[PDB]
Amino acid sequence: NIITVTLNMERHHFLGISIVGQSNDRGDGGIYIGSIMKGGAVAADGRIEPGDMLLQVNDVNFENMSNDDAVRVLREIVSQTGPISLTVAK
Ligand SMILES: CC1=C(CC(=O)O)c2cc(F)ccc2/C1=C\c1ccc([S@@](C)=O)cc1
């Protein structure tokens, strides 16, 4: 079940979701949500929970990107201004 959530970065300063990259023999393990930090934008939503997979983040797609690279691009968005839309795979 793919769900897209729009986090408000006006009142929230951090998302509160530690990204965990899944590493294996191949490498396309993808990035998943580790833990949610109370006080973050994600904790204000509720649809995202530990174990959710990040697919698309503000138009950008991480499904065919490296785990590390996904976080690289993600950091550019997370350290920017504007609404952050997270597309998770539950
Ligand atoms: C909690 C958390 C957030 C969201 C937030 O709380 O605002 C986040 C955003 C990013 F763009 C990158 C990393 C993180 C993070 C925890 C963590 C995950 C991976 C790394 S390594 C893969 O660089 C380090 C730390």
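Note that chain A carries the PDB entry numbering, so the residues on display, from first to last, are 1-90. Read the numbers this way: they start at 1 and go in the same order the structure lists the ligands and their atoms.
- Tallying contacts with ligand 1, the largest count belongs to the chain named in UniProt as Segment polarity protein dishevelled homolog DVL-1.
- The drug or drug candidate at ligand 1, out of sulindac, molidustat, vixotrigine, is sulindac.
- By UniProt annotation, the domain of chain A supplying most contacts to sulindac is PDZ.
- Under a 4.0 Å non-hydrogen cut-off, the residues that form the binding site of sulindac are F14, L15, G16, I17, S18, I19, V71, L74, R75, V78.
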